[PDB]
**Q** 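Sharing a structure: relebactam (bound form) in complex with Beta-lactamase.
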Amino acid sequence: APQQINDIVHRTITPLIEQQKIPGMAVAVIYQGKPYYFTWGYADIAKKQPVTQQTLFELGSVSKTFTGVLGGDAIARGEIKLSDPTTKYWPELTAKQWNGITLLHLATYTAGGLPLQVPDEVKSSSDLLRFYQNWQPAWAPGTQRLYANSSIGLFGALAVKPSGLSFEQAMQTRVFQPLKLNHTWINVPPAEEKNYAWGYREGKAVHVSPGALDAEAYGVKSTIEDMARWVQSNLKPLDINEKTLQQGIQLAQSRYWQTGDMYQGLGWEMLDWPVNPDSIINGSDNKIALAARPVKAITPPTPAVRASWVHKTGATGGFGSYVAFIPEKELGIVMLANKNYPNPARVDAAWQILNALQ
Ligand SMILES: *C(=O)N1C[C@H](NOS(=O)(=O)O)CC[C@H]1C(=O)NC1CCNCC1
Ligand SMILES: [Cl-]
Ligand SMILES: [Zn+2]
Ligand SMILES: [Zn+2]
């Protein structure tokens, strides 16, 4: 790799690892459209298995960017419209509070206060229906953004219904396979388990536990090589030959809502570039990112702006992830770690690197 990339990566990530006590880490820096790979530490401490470019990490909420693009692909196929009512795809949701709640609201966390998690007691389809049927909104739809797995999670499950495919089958055939993300999994096959890093929480080795709508909201696992290719695909959608996927990527970076200097896409979040680094750093803290915040609708949604900072954070019990890219600069970064450490430290490090390479 160019010396300037090697230098800034060492001076930024090695101290981050020292500071946060991260056992293993993989980073890809995309510079002029080309990925450069870096690894540190161990995927499995006790086995002394090093992190490699083949190591699988839990992406956590970065999974939502796949969900958003799959939803955009469905829009481009004409299978769904974001203005469609939720009840069009789940007629059994007869409770009156669902009148006026659209796929757009589900996808962008603006349905009116759907909770951060689907309750852990939801283990059956019957349970899931009762959960949504009895949920009572705190606000009218389209007025407040409250980040919620139960919101975009339901969007993903309903967006694939017109295809007749399961969410996992839809994602594999329509997103993963066309983009040659051949080591990206909702469910890690047995033959690939050997590459699956352990997460570490308070010293204990852990993997994410199954839950309702997990695939849609936080359940994808991937390698640093596949995630670099994912970033390349979102930097350069015109290189994607499948027109519905090309357009789906573009639609996920459209700007549907604004709050402060932040714009809500489908999974992705965006800010204008050049960005105020303190905004993205401070705004990534859970105290802010998870707070209910008023939103202003953008009608029609702004088509993907090339001069944007596009990004997403993710976490599981034992992992911490971050992806950020700037289409106009063909510049991006993927940071995968097998410890959950605070978002602001990830974002700060990412901005130090990309700012140095602009
Ligand atoms: C996604 O990784 N999430 C959503 C939320 N934080 O959003 S983020 O952008 O700052 O990452 C909470 C943390 C995380 C999440 O929901 N993790 C689940 C916790 C419960 N067990 C399964 C994973
Ligand atoms: Cl140094
Ligand atoms: Zn040093
Ligand atoms: Zn393989």
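Counting begins at 1 with the first residue of the sequence. Whatever order the structure lists them in is the order used to number ligands and atoms, beginning at 1.
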**Q** Specify every chain or ligand assigned to relebactam (bound form).
**A** ligand 1
**Q** Can you tell me if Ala289 contacts relebactam (bound form) (heavy atom of the residue under 4.0 Å from the ligand)?
**A** no
**Q** Apart from relebactam (bound form) itself, which ligands or ions come within less than 4.0 Å of that drug?
**A** none
**Q** Quick one: which UniProt active-site residue in chain A is closest to relebactam (bound form), and how far is it by heavy atoms, to 1 Å?
**A** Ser61, 1 Å
**Q** Hey, quick one: is there a covalent bond from relebactam (bound form) to anything in this entry, and if so which residue and atom?
**A** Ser61 OG
**Q** Nearest protein heavy atom to atom 10 (O) of relebactam (bound form): under 4.0 Å?
**A** yes
**Q** Compute the minimum heavy-atom distance from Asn343 to relebactam (bound form) and say whether it is under 4.0 Å.
**A** yes
**Q** Would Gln117 count as being in polar contact with relebactam (bound form), using the rule that some N or O on each side must be under 3.5 angstrom apart?
**A** yes
**Q** Which UniProt-annotated beta-lactam-binding residues in chain A have heavy atoms closer to relebactam (bound form) than 4.0 Å?
**A** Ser61, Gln117, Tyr147, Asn149, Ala315
**Q** Can you list, by chain and number, the residues with heavy atoms within 4.0 Å of relebactam (bound form)?
**A** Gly60, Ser61, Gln117, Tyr147, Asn149, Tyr218, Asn286, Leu290, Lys312, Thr313, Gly314, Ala315, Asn343
**Q** Can you give me a line-by-line list of nitrogen or oxygen pairs between relebactam (bound form) and the protein shorter than 3.5 Å?
**A**
unit_1, atom_1, unit_2, atom_2, d
relebactam (bound form), 2 (O), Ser61, N, 2.6
relebactam (bound form), 2 (O), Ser61, OG, 2.3
relebactam (bound form), 2 (O), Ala315, N, 2.8
relebactam (bound form), 2 (O), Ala315, O, 3.1
relebactam (bound form), 3 (N), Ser61, OG, 2.4
relebactam (bound form), 9 (O), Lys312, NZ, 2.9
relebactam (bound form), 9 (O), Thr313, O, 3.4
relebactam (bound form), 9 (O), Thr313, OG1, 2.3
relebactam (bound form), 10 (O), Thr313, OG1, 3.2
relebactam (bound form), 10 (O), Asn343, ND2, 2.9
relebactam (bound form), 16 (O), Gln117, NE2, 2.9
relebactam (bound form), 16 (O), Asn149, ND2, 3.0
relebactam (bound form), 17 (N), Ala315, O, 3.3

